[PDB]
Number of protein chains: 2
Amino acid sequence: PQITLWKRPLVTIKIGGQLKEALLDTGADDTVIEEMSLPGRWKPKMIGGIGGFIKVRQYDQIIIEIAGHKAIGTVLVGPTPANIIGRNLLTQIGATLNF
Amino acid sequence: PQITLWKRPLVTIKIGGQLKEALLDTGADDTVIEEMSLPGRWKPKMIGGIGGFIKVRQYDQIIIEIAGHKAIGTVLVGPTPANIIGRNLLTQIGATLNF
Ligand SMILES: CC(C)(C)NC(=O)[C@@H]1C[C@@H]2CCCC[C@@H]2CN1C[C@@H](O)[C@H](Cc1ccccc1)NC(=O)[C@H](CC(N)=O)NC(=O)c1ccc2ccccc2n1
Ligand SMILES: [Cl-]
Ligand SMILES: [Cl-]
Ligand code: NA
């Protein structure tokens with residue numbers, strides 16, 4: 001698809017068998033999701049944004065569908081105000097910015 | 001142009017007579033620039049993101065040049081860790097996300 005920016009670029013994602021809403025975000029290096037359960041071991045990460053830093057759980061090689069496109073990669077879980085799809089997974093679905 | 005997402009999508013902007021670097025950011029509602037002087041009146045605002053809220057000054061009807069394309073809109077000025085071009089100005093240059 002071709003997505004304009006007059007409204008927030010919200011899409012449906014599927015993770016752990018569950019549907020959720022998430023933001024397509026060219027300004028984010030990483031993908032970060034609100035609290036949920038994921039399989040396997042996790043590693044620590046500190047991430048920074050506009051108001052300061054938060055601590056999150058890093059899960060590698062997680063299966064995730066984004067607007068009907070399949071990806072497998074790194075997902076961060078923690079106290080984010082919103083679900084965000086960053087450049088690590090935008091590149092797996094072949095997304096570009098055009099003007 | 002077509003911009004890929006392997007690296008941060010950084011471009012040159014002209015604002016207030018000054019040349020700066022800024023991030024093309026589909027996940028931001030607003031345009032936010034590091035401390036600088038701008039002409040005309042302003043009012044205070046609180047804006048949020050990943051680590052909480054920051055206090056900014058809101059300037060309306062500011063002209064800006066973004067990678068060679070002229071636009072006008074609201075610009076917020078304050079202690080942001082990075083300069084960001086948000087959706088209020090990306091719409092004006094015709095930017096879209098494609099996959
Ligand atoms: C997500 C993470 C990997 C941590 N990356 C980032 O946070 C980087 C950090 C960079 C350096 C600091 C300056 C911002 C840039 C760009 N950001 C991405 C960037 O796209 C970021 C993503 C985001 C969206 C929603 C909620 C939180 C965070 N947006 C923002 O920071 C913008 C700023 C603004 N216009 O007010 N926030 C919002 O547009 C926004 C929308 C709804 C909200 C609801 C509740 C609380 C906060 C909310 N913030
Ligand atoms: Cl920890
Ligand atoms: Cl505006
Ligand atoms: Na003004």
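In what follows, chains are A, B, ... by sequence order, proteins preceding strands, each numbered from 1. In what follows, every heavy atom counts, from backbone to side chain, and hydrogens, waters and symmetry copies are set aside. Just so you know, ligand 1 is whichever comes first in the structure, and atom 1 is the first atom listed for that ligand.
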**Student:** Which macromolecule does ligand 1 make the most contacts with, named the way the PDB entry names it?
**Tutor:** protease
**Student:** Quick check: what drug is at ligand 1?
**Tutor:** saquinavir
**Student:** I'm curious which other chains sit close to saquinavir, say any heavy atom under 4.0 Å. Can you tell me?
**Tutor:** A, B
**Student:** Return the residue, atom name and 0.1 Å-rounded distance of the protein heavy atom closest to atom 1 (C) of saquinavir.
**Tutor:** B:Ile50 CG1, 3.6 Å
**Student:** Between saquinavir and B:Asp29, is the shortest N or O to N or O distance under 3.5 Å?
**Tutor:** yes
**Student:** Which residue and atom name correspond to the protein heavy atom nearest atom 41 (C) of saquinavir, and how close is it?
**Tutor:** A:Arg8 NH2, 3.6 Å
**Student:** Under a 4.0 Å heavy-atom limit, does A:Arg87 contact saquinavir with its side chain, its backbone, both, or neither?
**Tutor:** neither
**Student:** Distance to 0.1 Å, residue and atom name: give those for the protein heavy atom nearest to atom 46 (C) of saquinavir.
**Tutor:** A:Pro81 CB, 3.6 Å
**Student:** Given that the side chain starts at C-beta and the backbone is N, CA, C, O, which of these parts of B:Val32 lies under 4.0 Å from saquinavir, counting heavy atoms, or is it both or neither?
**Tutor:** neither
**Student:** Atom 44 (C) of saquinavir: protein heavy atom closer than 4.0 Å?
**Tutor:** no
**Student:** Between B:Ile47 and saquinavir, which part of the residue brings a heavy atom under 4.0 Å of the ligand: side chain, backbone, both or neither?
**Tutor:** side chain
**Student:** Under 4.0 Å, heavy atoms only, figure out whether saquinavir is touched by the backbone of B:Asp25, its side chain, both or neither.
**Tutor:** side chain
**Student:** Have a look at saquinavir and work out which part of A:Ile84, if any, has a heavy atom under 4.0 Å from it: side chain, backbone, both or neither.
**Tutor:** side chain
**Student:** Any protein heavy atom at under 4.0 Å, with atom 22 (C) of saquinavir as the reference point?
**Tutor:** yes
**Student:** Counting from 1, what saquinavir atoms have a heavy atom of B:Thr80 closer than 4.0 Å?
**Tutor:** 13 (C)
**Student:** Select the closest option to atom 37 (N) of saquinavir among B:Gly48, B:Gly49, B:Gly52, judged by heavy-atom distance.
**Tutor:** B:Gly48
**Student:** From the options A:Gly86, B:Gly27, B:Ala82, select the one whose nearest heavy atom is closest to atom 11 (C) of saquinavir.
**Tutor:** B:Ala82
**Student:** Which organism is on record in the entry as the source of chain B?
**Tutor:** Human immunodeficiency virus 1
**Student:** Under 4.0 Å, heavy atom to atom, what does saquinavir touch in the other chains?
**Tutor:** A:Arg8, A:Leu23, A:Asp25, A:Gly27, A:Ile47, A:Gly48, A:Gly49, A:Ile50, A:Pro81, A:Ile84, B:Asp25, B:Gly27, B:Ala28, B:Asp29, B:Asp30, B:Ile47, B:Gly48, B:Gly49, B:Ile50, B:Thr80, B:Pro81, B:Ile84
